[PDB]
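Cytochrome b, liganded with atovaquone.
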Amino acid sequence: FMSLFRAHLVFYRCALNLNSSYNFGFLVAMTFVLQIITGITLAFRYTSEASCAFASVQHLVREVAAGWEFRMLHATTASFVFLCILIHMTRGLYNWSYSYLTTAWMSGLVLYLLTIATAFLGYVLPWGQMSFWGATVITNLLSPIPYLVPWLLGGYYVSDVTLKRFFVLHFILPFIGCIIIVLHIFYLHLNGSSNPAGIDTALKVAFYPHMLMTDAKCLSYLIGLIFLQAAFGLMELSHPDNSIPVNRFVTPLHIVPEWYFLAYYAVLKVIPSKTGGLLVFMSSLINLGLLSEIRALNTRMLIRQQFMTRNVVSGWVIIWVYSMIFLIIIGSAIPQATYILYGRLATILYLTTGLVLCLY
Amino acid sequence: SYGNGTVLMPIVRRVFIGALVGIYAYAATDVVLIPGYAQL
Amino acid sequence: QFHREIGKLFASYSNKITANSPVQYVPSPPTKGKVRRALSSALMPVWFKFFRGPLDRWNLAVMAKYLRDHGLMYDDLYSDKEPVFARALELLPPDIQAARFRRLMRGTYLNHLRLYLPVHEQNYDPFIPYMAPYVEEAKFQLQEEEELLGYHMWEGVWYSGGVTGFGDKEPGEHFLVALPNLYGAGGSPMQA
Amino acid sequence: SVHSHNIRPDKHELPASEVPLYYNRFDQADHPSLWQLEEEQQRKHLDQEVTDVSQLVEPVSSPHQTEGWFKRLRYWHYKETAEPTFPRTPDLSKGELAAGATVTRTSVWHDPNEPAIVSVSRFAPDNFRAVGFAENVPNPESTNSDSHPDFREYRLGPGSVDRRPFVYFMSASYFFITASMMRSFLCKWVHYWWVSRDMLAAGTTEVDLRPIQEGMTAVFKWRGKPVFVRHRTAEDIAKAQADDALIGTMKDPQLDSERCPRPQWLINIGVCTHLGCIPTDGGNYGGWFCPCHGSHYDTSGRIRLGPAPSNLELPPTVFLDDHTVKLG
Amino acid sequence: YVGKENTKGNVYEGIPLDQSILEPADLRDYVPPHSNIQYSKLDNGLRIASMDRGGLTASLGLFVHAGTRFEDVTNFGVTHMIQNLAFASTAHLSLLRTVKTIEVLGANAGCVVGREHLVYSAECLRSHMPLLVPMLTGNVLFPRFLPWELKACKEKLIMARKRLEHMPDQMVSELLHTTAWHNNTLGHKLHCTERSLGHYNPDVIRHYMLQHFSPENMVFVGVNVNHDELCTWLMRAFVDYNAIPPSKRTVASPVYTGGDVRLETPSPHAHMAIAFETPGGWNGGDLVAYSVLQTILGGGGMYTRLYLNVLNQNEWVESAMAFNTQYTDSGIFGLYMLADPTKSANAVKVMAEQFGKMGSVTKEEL
Amino acid sequence: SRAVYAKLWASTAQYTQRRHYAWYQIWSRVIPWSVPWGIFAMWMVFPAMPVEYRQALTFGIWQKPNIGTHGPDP
Ligand SMILES: CCCCCCCCCCCCCCCCCC(=O)OC[C@H](COP(=O)([O-])OCC(O)COP(=O)([O-])OC[C@@H](COC(=O)CCCCCCCCCCCCCCCCC)OC(=O)CCCCCCCCCCCCCCCCC)OC(=O)CCCCCCCCCCCCCCCCC
Ligand SMILES: CCCCCCCCCCCCCCCCCC(=O)OC[C@H](COP(=O)([O-])OCC(O)COP(=O)([O-])OC[C@@H](COC(=O)CCCCCCCCCCCCCCCCC)OC(=O)CCCCCCCCCCCCCCCCC)OC(=O)CCCCCCCCCCCCCCCCC
Ligand SMILES: CCCCCCCCCCCCCCCCCC(=O)OC[C@H](COP(=O)([O-])OCC(O)COP(=O)([O-])OC[C@@H](COC(=O)CCCCCCCCCCCCCCCCC)OC(=O)CCCCCCCCCCCCCCCCC)OC(=O)CCCCCCCCCCCCCCCCC
Ligand SMILES: CCCCCCCCCCCCCCCCCC(=O)OC[C@H](COP(=O)([O-])OCC(O)COP(=O)([O-])OC[C@@H](COC(=O)CCCCCCCCCCCCCCCCC)OC(=O)CCCCCCCCCCCCCCCCC)OC(=O)CCCCCCCCCCCCCCCCC
Ligand SMILES: CCCCCCCCCCCCCCCCCC(=O)OC[C@H](COP(=O)([O-])OCC[N+](C)(C)C)OC(=O)CCCCCCCCCCCCCCCCC
Ligand SMILES: CCCCCCCCCCCCCCCCCC(=O)OC[C@H](COP(=O)([O-])OCC[N+](C)(C)C)OC(=O)CCCCCCCCCCCCCCCCC
Ligand code: HEM
Ligand code: HEM
Ligand SMILES: O=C1C(O)=C([C@H]2CC[C@H](c3ccc(Cl)cc3)CC2)C(=O)c2ccccc21
Ligand code: FES
């Protein structure tokens, strides 16, 4: 397995002009490994009982040596997982990477779905108000089929049984992640990476000396920033309301998911029909999947240059990003008619600019 | 094409295009037309 | 006899299509129905002056400047991961091929440095079609193979020879045929 | 391969020029071709008849060879302890073996009467063969002994039935038992995720209504969900009834009198029909407002605005007395 | 075959093969065809000859007067290149389509080089003749000679001789030719040497063809086809296009050198051959004398001169033979033998006696 | 001749129709696999259905197993 190590991470030859925007994959992998370490060492002291989970998490912070550090590293590294993934996705929307990296793009989408599931399962385990009512909402959202929801819950309502199986599932999924990562990289190195210029070039250079050092530099920056936020708390990434014990008969008066879930939340606020809600997610994900075979949707021969530099027309990916940010903004606010109106405007933009990527 | 091993992505292409046509039809019926017929 | 009956359906339809065949070139029917042709023809004076005109001019300005900064031509944007263009590149003569290689090298280096070229290096037309005679030949050659070999879904032996058996001809290009060896030094397909 | 040899000097095991463990008598030929002749001139023990185990020829080599504590096996042949610089000279008069080292580092091959190049030619390892070789070494003609049965007594010949049906029936039988068992396993595993036998969700309750005041909303617990009981004011009633004229416009039309069999008493399940949140006091229609996505309900329970698809659900209930109600 | 129109299936299912299925409608009263050769000519120069014997399969062939004896120091190997390019891309068909169509019609087709002729031919049912005449004439009317086909076809130029290394008899044939006419005309080799792969560029091929492939140097021959249809479909082939214009070429007489040559290899016999020249060749009047004498001696029977006077009187010869090869204007005639390699000096003596007494014959043998 | 070359060129004009025929053939070979897998789907999902639907779908052959417990109460 050493010979493979050398073939793929030492003698592998890249293009000279790979700048930082091509370093974020490595970064998400590293946040995965790190999150796994802190996960396992958190599991050694966590209690999976509805009667006492909350106090179990508080015991780590209050009465255990370095107890606070692992919880906070685990909490904060999640945000960086998602931030790095979104940068990593947008880079390849910008470049039209999926033109020839077909199966890599598919694998990517599967990994993103895995990550969403993993995060949301994690989000229930500390067992506060937000955890209980979030679980209630998302389980009610997948109700269309009889008996599936009491079965997956384990029970007529969110329960200790639900906590136990969420804990086991959150244990298992990351490692399935890892396996799919190996699959991802297989498809990638089958083809070879693209340039920022989107041309084919013979001016290649080996990995170990030049690109490995850039990977290391960015890694230093990321470790830095994680520790900064973890130790000092600069930003209010997580809302305070998960600090309150659960009550099964009273909701919290103000509700804000974790930031990486706000856009979705915005949709659930503005579309009238609940099924329309769910279908928007399904449709957008199907549209992203459809990009894998964009070469077939037209008989003009395709190029990777999108000529977005100096261009007054901008590009659909940029409009997508700004629409998504606008949806995050509206996600965060209270339900009111005007917020809903601009919500619907932004939602139409978000859907249309995704549909239109296929129309070259 | 002849002499190529990719055989399962074309099927997924057709299924996806199908499914989007489906979803948009149903969404037009659900979110717009049925209410519209209450306003007509 | 179900199969022969559906055969009959297919055969009659094909004979209809055959009977209508011309014996010489006939111009294609328009791409748009008469309604949309009418509407476009009506709205032309406003739409072309205010919107389409400037859009199509800005586009060429953007493209030209980006190509001139780097010293590329337009036909340097196509890849060889595209079968037709791969054939076209196989059919090229020495000089054109060498010049393309050189331009791609220079473009890579310049995009690495992110430095403009002097304006006196940018005095050329980037949109010359230097690949066309070869792309058309490639299209012909690759169309005839589909006609004469690809007209059916052929049946094969599965997972033998390093190929899945559903059509591939290069070993280990798919995941279920990864890792061909467990001992030894391996090998390469090009040295068989 | 991954396996070493163990050629080394050893003080427990003397070299084979010193102490051979095999029986050290060998015949020698001037040219190995001559070994052909002996194969067609000797007698052989396997060409002759014996009937009892006691008649089998006795081994030439002695039982008494290897000694030492806890050594089960008492007989061996070959060892790889290393030779010295000056080996022990073989005595060819006793038919001892001369091979490798003992040819190179010894005078054994020397003859007064003969050129050296001729003399050395007789000491290749093909020129030596043990005593008893032609008489005892077997050379089979087949793997099958004529005293055992081969396919000839088991072959199904002319006149036989066809057995494909039987073979494939055998294997189909195996498989359908297998599949039944597999399905049973999956069914049990699925069932194991289902709700436990202690829960049962059964029960009923009753409520006393004397302490309630006009305009107040009381909340109670029923089958795992909250239930609202409200003593409506005359103006609440009027608000509900004024919107009966606009029933045309509603997403889930219903008239107030059905929802309040006693007009001044309003009863509902306290849960949002959208995704399960619990509506709060207020909203635009003096009823209830859900904070999770913004649905509004009127003073009768009806959905007036927002994403929720139906009115607040009526629980199965009865007024037991003027001042007491039954749930379930 | 997009579906099929006929649904009746196997209409003779279950009928044994010793039970007839012919109806009286399918009986006929036999009329023979007429089978003397018919001779015609197109206006551009092409000569046509035809016969019919009422067989169901036809034989079609185009003959061109372009052998290897017409090459020179700048041309050596060009004829082999042309033959190795037969049924390649032409003006209106590609190589792939051509060969695939010939396969699917069911036919067998090919091209052959000699020292004086080049031949193309095909064969299948006679009802397909109109579809085969184009594909045969194409090769001489308008080939394209695209570079990437020449380059891909090169290895077949070397395999042609690599296989001769395990065909001793043919090998000796070639040795005889190159020794008899050293370095001229019939002497030239039938293959591309290493020195012959330089001038493998389209201009040399094309310039060579412009000197030989004109219509008046050609013949088209057909067997089992109706002559007026053959004439019609041949005329319809040359009517639109300009053929290669005529040329008043001249041919030099072969110079016979003779000589001697040896080539050793582990074969377990001494193979030997001796030969003399036939003055005038096929155009000499004595074409029948040599062909009778070859049968007196013994061709490639058991009452022949060699069989009686050599093979039955010596233990150490495996085979003795007389050979006779003729060309338009010269030939050779001689003897060939395989012997025990320890007795070659006796083999020469036997051959010398035999040559000694060919001059005289008795009427029984004659 | 122009006529023959035209016929040869036109021989493959209907490529798409032949490909549709191929679709038909392969799907005809493939689609019967739906019966085994359909039976197994139904096998697994039968005990999830209401008792009445189990009784109905088996035309009254299926009934609650009798194991000697939970009998009527006088
Ligand atoms: C809430 C609202 C929103 C809802 C969501 C809406 C989402 C909509 C958007 C959808 C996005 C895309 C989804 C995937 C589409 C895939 C299309 C496809 O077929 O692509 C062909 C395409 C190649 O086609 P081709 O180019 O024609 O090549 C021809 C070759 O002959 C082909 O051979 P090859 O060797 O070249 O290719 C590899 C081959 C062979 O690959 C392998 O052998 C790899 C095996 C790895 C196993 C590792 C364990 C994985 C366990 C499942 C994890 C699921 C996580 C899901 C995330 C949410 C979690 C809550 O795999 C395939 O060909 C693909 C098979 C189908 C994959 C389906 C993946 C999704 C469903 C999987 C779970 C099913 C549910 C039950 C289990 C759930 C358990 C949690 O393949 C890909 O691109 C696949 C990339 C890898 C992604 C999948 C990785 C997982 C593989 C799972 C295999 C099935 C077993 C599952 C476990 C069962 C036991 C527990
Ligand atoms: C790990 C695997 C295990 C090892 C063994 C391998 C297992 C595979 C066996 C299944 C395949 C049976 C079908 C045989 C077809 C033979 C045809 C032929 O002559 O071959 C040449 C032909 C290709 O030659 P070509 O036509 O020159 O190529 C041009 C292109 O095909 C482009 O052609 P085009 O663009 O002109 O369009 C043509 C297209 C035109 O048609 C369409 O495009 C129709 C689109 C309509 C949309 C509806 C969806 C269509 C797909 C149906 C899927 C249903 C199957 C699943 C049922 C589940 C039951 C529980 O034609 C078709 O779609 C006809 C074939 C469709 C068959 C697909 C389903 C076959 C499965 C049957 C057994 C099902 C039991 C599964 C049990 C559960 C586990 C999976 O072969 C194919 O096209 C292959 C079709 C079959 C798919 C590949 C098999 C998968 C191999 C990778 C394994 C992935 C496993 C992942 C799990 C990993 C676990 C960890
Ligand atoms: C404060 C209190 C203090 C109290 C102090 C008390 C001290 C008492 C000490 C007693 C020491 C006894 C041993 C004396 C050894 C003398 C050696 C000697 O003179 O060597 C000269 C001389 C040495 O020269 P050499 O060159 O080595 O030649 C010898 C050969 O090498 C030999 O090789 P070879 O090839 O010629 O012969 C074949 C070879 C190879 O033979 C085989 O491989 C054959 C194997 C056949 C096995 C078949 C088994 C089948 C049945 C299995 C049943 C299942 C059982 C398992 C399941 C059961 C359930 C659990 O045979 C052997 O290896 C024989 C092995 C005999 C083992 C005897 C072990 C006695 C242990 C006594 C207890 C000691 C303390 C225990 C530990 C205490 C806690 C640390 O050797 C000889 O001449 C031969 C002498 C052999 C003597 C053996 C018999 C000794 C009998 C002693 C009786 C003692 C009675 C004590 C009563 C105490 C009452 C209180
Ligand atoms: C006899 C001589 C000997 C011959 C020897 C020959 C050799 C072969 C042997 C043959 C001898 C007998 C052997 C006995 C075999 C059978 C026993 C057996 O197999 O039991 C198994 C047994 C299973 O027991 P079980 O599951 O408790 O059984 C419960 C029953 O199944 C009860 O379950 P259920 O009642 O819930 O089942 C439900 C069932 C219920 O079934 C029924 O009730 C069907 C009734 C059948 C009636 C029969 C009809 C035929 C007879 C008619 C008579 C004809 C008369 C004419 C002839 C006579 C007069 C001429 O319904 C269905 O299945 C679904 C219905 C059909 C679906 C298809 C949809 C059709 C729709 C209909 C459309 C029509 C319209 C309807 C709509 C209505 C409106 C119009 O094994 C076990 O208990 C488990 C063993 C543990 C082993 C675990 C396996 C290993 C796991 C480890 C894996 C982990 C390691 C990793 C993997 C390792 C991999 C290597
Ligand atoms: C891909 C995942 C599959 C999971 C399998 C579970 C499916 C559900 C439960 C079983 C359903 C019944 C079986 C399927 C039907 C039979 C298949 C079929 O068509 O037959 C093909 C064939 C049937 O062959 P046949 O010769 O009997 O008949 C076919 C020929 N005709 C059609 C002419 C009759 O099966 C085989 O040849 C299989 C060879 C192996 C047989 C022995 C297997 C025993 C188990 C060995 C060890 C297991 C441990 C390894 C597993 C790892 C995990 C622990
Ligand atoms: C491609 C298919 C993949 C299939 C993967 C699915 C595997 C996991 C299956 C889980 C099923 C859970 C069902 C939820 C309902 C509650 C179950 C339960 O225990 O109920 C109590 C019941 C008993 O009821 P009870 O006695 O507890 O009381 C309730 C009474 N009833 C049920 C009437 C309301 O227990 C069971 O019977 C066990 C459930 C068996 C159902 C198994 C379903 C398997 C699904 C696979 C079918 C796949 C077909 C292909 C589809 C593909 C389409 C593209
Ligand atoms: C990509 C990998 C992972 C991600 C993205 C992830 C995500 C999360 C998130 C967002 C939380 C919420 C923490 C909080 O709200 O304070 C969490 C908690 C938790 N995770 Fe994970 N996790 C990952 C891997 C793992 C692994 C591999 C394990 C164990 C093997 C694990 C065990 C836990 C535990 C025990 C908690 C509870 C923390 C607490 O109660 O304070 N995690 N995880
Ligand atoms: C755990 C999640 C992921 C990991 C660990 C990961 C890892 C990597 C790595 C290491 C690379 C090569 C170096 C680099 O580009 O940084 C890469 C490239 C790539 N990834 Fe990911 N990735 C993940 C998620 C995704 C997602 C969600 C997508 C798409 C939606 C995706 C699509 C791609 C593409 C297209 C490339 C190559 C782009 C090009 O070559 O031009 N990946 N990935
Ligand atoms: O009302 C909500 C709500 O709508 C969600 C939502 C956010 C989006 C989630 C989500 C949507 C789509 C995907 Cl693919 C993944 C997660 C589902 C839960 C919450 O997270 C929540 C948490 C606590 C209290 C109330 C609520
Ligand atoms: S859960 Fe009440 S409005 Fe959505």
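Every chain is numbered from 1, with letters handed out A, B, ... down the list of sequences. Only part shown; contacts counted inside that part. When the header is checked for method, it gives electron microscopy, 2.8 Å. All ligand and atom numbering here is 1-based and tracks the order in the structure. Below, each value reflects all heavy atoms present in this structure, side chains not excepted, and no hydrogens, waters or symmetry copies.
The location of atovaquone, copies and all, is ligand 9. In this entry, the other chains with a heavy atom less than 4.0 Å from atovaquone (ligand 9) are A, D. Residues contacting atovaquone (ligand 9) within 4.0 Å (heavy-atom distance) are A/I116, A/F120, A/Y123, A/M130, A/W133, A/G134, A/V137, A/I255, A/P257, A/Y264, A/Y265, A/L268, D/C292, D/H293. The D/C292 neighbourhood of atovaquone (ligand 9) comprises atoms 1 (O), with distances under 4.0 Å to a heavy atom of that residue.
Shown in contact with A/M130 at under 4.0 Å from a heavy atom are these atoms of atovaquone (ligand 9), numbered in order with element: 23 (C).
In this entry, the label on chain D says Putative ubiquinol cytochrome c oxidoreductase. In this structure, the protein non-hydrogen atom closest to atom 12 (C) of atovaquone (ligand 9) is A/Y264 CG, 3.9 Å. Of all protein heavy atoms, the one lying nearest to atom 18 (C) of atovaquone (ligand 9) is A/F120 CE1, 3.9 Å. Backbone and side-chain nitrogen or oxygen atoms of D/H293 are examined, and one is located within less than 3.5 angstrom of a nitrogen or oxygen of atovaquone (ligand 9).
In terms of protein heavy atoms, atom 21 (C) of atovaquone (ligand 9) is closest to A/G134 CA, 3.8 Å. In this structure, the protein non-hydrogen atom closest to atom 6 (C) of atovaquone (ligand 9) is A/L268 CD1, 4.4 Å. When only non-hydrogen protein atoms are considered, atom 20 (O) of atovaquone (ligand 9) lies nearest to A/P257 CG, 3.6 Å.
Neighbours of atovaquone (ligand 9) under 4.0 Å (other ligands and ions): none. Annotation: atom 25 (C) of atovaquone (ligand 9) to nearest protein heavy atom, A/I255 CG2, 3.5 Å.
When the transmembrane segments of chain A are numbered from the N terminus following UniProt, a heavy atom under 4.0 Å from atovaquone (ligand 9) turns up in 3. Among all protein heavy atoms, the one lying closest to atom 14 (Cl) of atovaquone (ligand 9) is A/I116 CG2, 4.3 Å. The nearest protein atom to atom 2 (C) of atovaquone (ligand 9), hydrogens excluded, is given as A/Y265 CE1, 3.6 Å; this is a heavy-atom distance.
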